[PDB]
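Step one of this worksheet: look at the structure below.
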Amino acid sequence: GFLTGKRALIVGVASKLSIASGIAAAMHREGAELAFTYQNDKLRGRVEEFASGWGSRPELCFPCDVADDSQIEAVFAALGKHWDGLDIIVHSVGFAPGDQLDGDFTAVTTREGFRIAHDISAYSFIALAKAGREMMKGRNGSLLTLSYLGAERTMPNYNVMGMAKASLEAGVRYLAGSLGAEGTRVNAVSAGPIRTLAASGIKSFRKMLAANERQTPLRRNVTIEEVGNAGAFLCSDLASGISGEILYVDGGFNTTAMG
Amino acid sequence: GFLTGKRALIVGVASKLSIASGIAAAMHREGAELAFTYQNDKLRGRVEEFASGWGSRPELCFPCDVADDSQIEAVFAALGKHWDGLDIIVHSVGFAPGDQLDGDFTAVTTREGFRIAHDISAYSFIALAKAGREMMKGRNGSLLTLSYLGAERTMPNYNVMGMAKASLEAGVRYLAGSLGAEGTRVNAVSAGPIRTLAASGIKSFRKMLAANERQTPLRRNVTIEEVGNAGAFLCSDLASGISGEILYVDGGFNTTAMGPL
Amino acid sequence: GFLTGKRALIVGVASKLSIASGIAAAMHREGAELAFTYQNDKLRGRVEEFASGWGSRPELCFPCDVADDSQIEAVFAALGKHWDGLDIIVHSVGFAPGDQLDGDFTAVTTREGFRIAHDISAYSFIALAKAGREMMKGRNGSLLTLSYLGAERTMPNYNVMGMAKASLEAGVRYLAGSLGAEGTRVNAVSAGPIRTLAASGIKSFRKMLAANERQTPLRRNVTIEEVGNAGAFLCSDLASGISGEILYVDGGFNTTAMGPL
Amino acid sequence: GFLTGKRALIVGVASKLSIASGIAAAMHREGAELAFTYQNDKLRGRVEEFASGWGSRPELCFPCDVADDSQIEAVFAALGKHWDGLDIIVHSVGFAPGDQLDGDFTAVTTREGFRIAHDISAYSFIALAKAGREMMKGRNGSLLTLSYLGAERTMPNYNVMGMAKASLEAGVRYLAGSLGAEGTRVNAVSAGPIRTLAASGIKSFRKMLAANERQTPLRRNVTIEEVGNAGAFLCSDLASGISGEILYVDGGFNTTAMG
Ligand SMILES: NC(=O)c1ccc[n+]([C@@H]2O[C@H](COP(=O)([O-])OP(=O)(O)OC[C@H]3O[C@@H](n4cnc5c(N)ncnc54)[C@H](O)[C@@H]3O)[C@@H](O)[C@H]2O)c1
Ligand SMILES: NC(=O)c1ccc[n+]([C@@H]2O[C@H](COP(=O)([O-])OP(=O)(O)OC[C@H]3O[C@@H](n4cnc5c(N)ncnc54)[C@H](O)[C@@H]3O)[C@@H](O)[C@H]2O)c1
Ligand SMILES: NC(=O)c1ccc[n+]([C@@H]2O[C@H](COP(=O)([O-])OP(=O)(O)OC[C@H]3O[C@@H](n4cnc5c(N)ncnc54)[C@H](O)[C@@H]3O)[C@@H](O)[C@H]2O)c1
Ligand SMILES: NC(=O)c1ccc[n+]([C@@H]2O[C@H](COP(=O)([O-])OP(=O)(O)OC[C@H]3O[C@@H](n4cnc5c(N)ncnc54)[C@H](O)[C@@H]3O)[C@@H](O)[C@H]2O)c1
Ligand SMILES: Oc1cc(Cl)ccc1Oc1ccc(Cl)cc1Cl
Ligand SMILES: Oc1cc(Cl)ccc1Oc1ccc(Cl)cc1Cl
Ligand SMILES: Oc1cc(Cl)ccc1Oc1ccc(Cl)cc1Cl
Ligand SMILES: Oc1cc(Cl)ccc1Oc1ccc(Cl)cc1Cl
């Protein structure tokens with residue numbers, strides 16, 4: 001397939017619904033060799049089982065809480081014992097404390113909630129780019145992250161995650177501008193709403209889903225298969241002319257203003 | 001490849017250098033069956049030649065000056081006698097009278113120059129969408145056009161083509177909003193500068209090339225192979241979640257405000 | 001006020017509801033001396049009447065169908081026998097054939113509907129810039145046009161006016177890039193929906209109004225007084241650092257993707 | 001003038017060159033009653049002297065390190081002793097550690113430098129909005145912050161400040177969406193490059209100045225007088241139809257690609 005010979009590290013698998021799972025499946029289908037991180041020991045077993053079904057194995061699964069620089073560096077040190085280089089990093093991770101995402105933005109947003117949202121959802125992408133730079137050197141590889149329309153325009157409850165996604169998208173451009181000379185491309189998919197574990201935590205998520213379904217040009221919601229294909233493409237040599245890009249996979253909802 | 005089973009109409013091949021040629025080659029490589037238009041008889045011979053190299057033939061090549069509604073409609077009438085229906089239309093066509101793109105925007109832009117630029121570069125995409133709607137019904141296919149950063153931000157000489165491209169990009173969105181419910185996706189690639197017949201017509205194009213090479217994140221100009229691959233992907237079922245999109249294939253130049261120190 | 005000493009030409013007054021009327025009233029309040037155009041003799045009487053209420057007079061009112069270059073040029077020739085120079089032009093004009101704005105975009109949009117929409121709604125701003133350039137020479141003045149969110153994102157029925165507005169907004173940028181060196185600033189206000197004569201022609205306009213009221217951050221529709229004030233500011237020396245800008249006066253509606261729960 | 005009867009708190013005066021000083025001068029000219037904060041006791045004296053010349057006085061100057069929630073709350077507590085309400089808050093501050101802004105983005109950006117840049121340059125705007133909400137209640141007032149093109153497109157060395165500004169501009173929109181119903185408008189000016197104390201800290205600032213000068217439509221750089229007039233306008237009832245907006249005052253540079 002169009003990723004044959006590529007090696008990809010995938011950060012963010014939590015369940016069969018995860019966007020990272022859609023990306024993993026597509027990349028494997030297209031021939032990529034895969035490795036994984038898991039956030040903690042409660043998710044470890046499930047990620048290990050998933051890896052075994054995507055051509056991978058438990059010894060290519062590594063612990064990584066992206067709050068922790070030491071753990072992030074330890075991923076690449078461990079991976080480097082198995083692989084003499086790396087082509088792709090997929091960053092499919094986000095978090096803000098629940099109290100940040102339930103209520104009036106001004107009332108509920110706090111300094112610490114803000115700190116955490118930006119640290120986990122935006123800085124962690126830079127952290128992976130940094131720690132993986134040496135393994136990716138000379139491979140003309142790519143980095144991919146995931147964003148959401150909330151970075152550009154507002155909706156109830158998404159709140160400070162919108163600020164963190166805006167930070168993240170700027171990061172995509174600054175990373176592209178920095179890593180491009182040595183051959184690395186850096187892009188994101190901005191997905192439409194998809195029912196995932198994380199999506200469940202936004203109390204009004206179903207309203208986002210509904211608005212997208214009724215107003216998006218395709219008049220249906222997107223799938224992790226569609227996000228995965230877009231991500232697979234962006235991390236392939238087919239996309240070698242594309243860097244710094246935020247690619248929407250939302251049926252075109254972002255191009256509408258039918259409020 | 002990821003287009004085997006699809007049928008595409010390619011509008012805009014002029015030479016081996018054309019972006020439409022890069023797209024045609026990628027789509028052919030990926031398994032698409034191709035048909036072609038040529039602007040007029042000055043380009044017929046070359047388009048027929050190229051088509052035969054891309055799995056196609058002269059009887060799947062049709063005259064089409066996109067200023068002319070009846071020529072446009074006659075393409076699909078003629079094509080529909082060979083093809084059941086149609087999955088893909090690639091719109092890779094632009095024009096403004098030469099004097100519109102040489103000198104101060106305010107001084108050289110005219111009503112007639114404006115009319116023509118918008119008619120050929122923007123309305124013609126809508127015309128193809130309309131004329132091909134019947135052949136594309138039920139096929140869950142897609143439309144692709146080509147744009148340039150000049151639509152969003154200014155540079156010397158691009159001038160009224162910048163207005164026409166802005167119109168075109170809005171057109172992508174209005175077409176996507178109109179045709180999506182029945183299954184058709186509508187997108188564009190906004191390409192970085194590439195040496196083509198039309199590009200060579202722009203004074204200071206050489207400088208645009210040098211500017212991009214120095215300042216673009218990838219520190220190199222893009223190719224019609226790279227634009228071709230992006231266009232092929234957008235018109236494939238791999239992109240079934242994507243409509244209304246303006247996808248930049250420019251190495252990231254559009255994301256920069258200044259070049260390196 | 002902050003416009004005392006300035007002279008402004010206002011194109012687009014039709015009724016007391018017009019955006020151009022809100023702009024005219026605000027500029028008059030702030031001390032500007034005003035001149036006016038009227039599209040044709042159907043609006044001459046009301047425009048002359050309104051002008052006399054804004055410190056002006058029939059002799060500073062001129063016929064101008066912006067489809068017609070010779071009429072446009074005759075405005076400035078005639079005005080120049082009263083005024084030795086001009087600081088400001090306000091361009092508050094739009095048109096597309098009615099059937100272009102009623103129904104499915106792909107089905108109802110035509111080449112001729114497209115031509116007219118872009119000719120009147122977009123090129124005419126360029127035409128004013130060109131024709132008034134001599135009179136604005138050395139005055140460090142400004143141009144203002146009016147746009148709508150439909151240029152960037154889609155909604156029912158706005159259709160080809162959305163393409164024309166996108167063209168116009170690029171026009172703002174290219175004019176700014178061309179005329180800035182000699183001192184002229186060029187901007188637009190992108191207004192939220194307002195009940196005007198033209199707006200009343202759009203079916204489902206009442207839905208656009210209700211949509212904005214519920215979803216806009218300020219939870220209320222905007223007024224021609226608010227648009228008028230923003231336009232007055234943009235055309236004043238208070239805004240001397242501002243050119244090429246599309247300023248939204250829509251209560252923030254454009255910054256929202258969904259309304260409140 | 002068009003701010004007569006308005007009371008404004010201005011956060012960010014450091015010297016006669018400050019953007020905040022340009023905004024203060026314009027607002028005072030237009031009739032606003034002003035109060036001020038100062039970052040530390042080194043700047044206290046200078047801010048006090050400036051206040052006296054802008055119709056204000058030393059007792060309307062308050063300490064505020066915007067890293068500190070209690071100090072921020074203490075500003076409004078103290079100001080409330082003097083004013084029974086507040087109309088305007090101007091947020092004109094930023095900071096990132098110098099090592100973040102000198103060199104390759106991927107190489108020099110760190111988790112802590114990221115945290116600080118976002119905390120001081122972005123979250124602090126939300127903090128002021130929150131702390132001032134009661135004093136602003138029912139006055140149909142406004143909030144203003146300052147941003148920079150670096151939020152949208154990249155340039156050498158601006159680096160993580162670009163991410164922080166992108167966060168800030170999303171903040172402008174989320175605040176607008178939250179505070180609008182009760183009558184508060186929220187906007188920013190995105191200024192072109194201006195020689196200020198903070199600007200001099202960016203190693204390549206003169207290259208930014210030069211690019212703006214040669215490529216901006218007006219072919220000259222903007223002044224704090226021009227930024228202050230725009231900010232004064234945005235915080236006036238003349239701008240009562242405008243919220244959630246990022247108003248560029250850069251001579252049009254942002255609209256150019258080659259210029
Ligand atoms: N509608 C959607 O689901 C949607 C839409 C647009 C963008 N996104 C983004 O897609 C990405 C994936 O989210 P998802 O929707 O697939 O949900 P998900 O629950 O399947 O995945 C979220 C991932 O984030 C991981 N994570 C959270 N905190 C972590 C930490 N400190 N350290 C390491 N890992 C951590 C979780 O373990 C999990 O694997 C996120 O960036 C999300 O913001 C989701
Ligand atoms: N070359 C670049 O750097 C670049 C960058 C961005 C976008 N584009 C766009 O790509 C497309 C141009 O292709 P190109 O650069 O490969 O140049 P090209 O010269 O190879 O092709 C231009 C095409 O436009 C056709 N055409 C012109 N007027 C026509 C008319 N009335 N009717 C039918 N066909 C007509 C021409 O026959 C030709 O096939 C345009 O849309 C262009 O604006 C080009
Ligand atoms: N009303 C709104 O909600 C709204 C919102 C955003 C933008 N706008 C724009 O504001 C501007 C003014 O429109 P309006 O809402 O005040 O409606 P309006 O009916 O009051 O004014 C429209 C003007 O266009 C003039 N006009 C039309 N065709 C002309 C032609 N060939 N030559 C010269 N003049 C011509 C008309 O004579 C009239 O004066 C337009 O550009 C409109 O697109 C309106
Ligand atoms: N000068 C420019 O070219 C330019 C351009 C665009 C935007 N901006 C933005 O305008 C504002 C910059 O101010 P400036 O250029 O007038 O420089 P400046 O040095 O005059 O002001 C910077 C202010 O930030 C204050 N500050 C820094 N850290 C603080 C903290 N922890 N607590 C409280 N106050 C703190 C400083 O005391 C100072 O008053 C910033 O938001 C800046 O990012 C500047
Ligand atoms: O960014 C998202 C956007 C949508 Cl519509 C749905 C889920 C998203 O992802 C998250 C949302 C909230 C938290 Cl706490 C964590 C994550 Cl990963
Ligand atoms: O849009 C373009 C942009 C670039 Cl950088 C180069 C070529 C382009 O294409 C054209 C430019 C001018 C004319 Cl008259 C016709 C065409 Cl097809
Ligand atoms: O652009 C507009 C946008 C809105 Cl919401 C309302 C009115 C507008 O103005 C017009 C709309 C249609 C036509 Cl035919 C002419 C004009 Cl002036
Ligand atoms: O944002 C800015 C943009 C420019 Cl062009 C110049 C100065 C700016 O303001 C800062 C830059 C760096 C640091 Cl550490 C702090 C501040 Cl306030």
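Throughout, a chain's letter reflects where its sequence line sits, starting with A, and its residues are numbered from 1. Whatever order the structure lists them in is the order used to number ligands and atoms, beginning at 1.
- The option from anagrelide, triclosan, aciclovir, benzyl benzoate that is found at ligand 8 is triclosan.
- Lab note: most contacts to triclosan (ligand 8) come from the chain the PDB entry lists as Enoyl-[acyl-carrier-protein] reductase [NADH] FabI.
- Chains touching triclosan (ligand 8) with a heavy atom below 4.0 Å, listed by letter, come to D.
- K165(D) counts as a contact of triclosan (ligand 8), since one of its heavy atoms falls under 4.0 Å from the ligand.
- When the heavy-atom distances from atom 16 (C) of triclosan (ligand 8) to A198(D), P193(D), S200(D), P97(D) are ranked, the shortest goes to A198(D).
- UniProt's NAD(+)-binding annotation for chain D and the heavy-atom shell under 4.0 Å around triclosan (ligand 8) share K165(D), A198(D).
- The option with the heavy atom closest to atom 7 (C) of triclosan (ligand 8), from among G12(D), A199(D), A14(D), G150(D), is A199(D).
- Checked against a 3.5 angstrom limit, the closest N/O atoms of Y158(D) and triclosan (ligand 8) fall inside it.
- For triclosan (ligand 8), the nearest UniProt active-site residue in chain D, with the shortest heavy-atom distance to 1 Å, is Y158(D), 3 Å.
- The source organism of chain D, per the PDB record, is Pseudomonas aeruginosa.
- Put simply, part of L101(D) is less than 4.0 Å from triclosan (ligand 8), judged by heavy atoms.
- Proximity by heavy atom, under 4.0 Å to triclosan (ligand 8), holds for these of the UniProt substrate-binding residues in chain D: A96(D).
- Within the 4.0 Å heavy-atom cutoff, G201(D) does not count among the residues contacting triclosan (ligand 8).
- The binding site of triclosan (ligand 8), defined by non-hydrogen atoms within 4.0 Å, is formed by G94(D), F95(D), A96(D), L101(D), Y148(D), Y158(D), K165(D), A198(D), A199(D), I202(D), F205(D).
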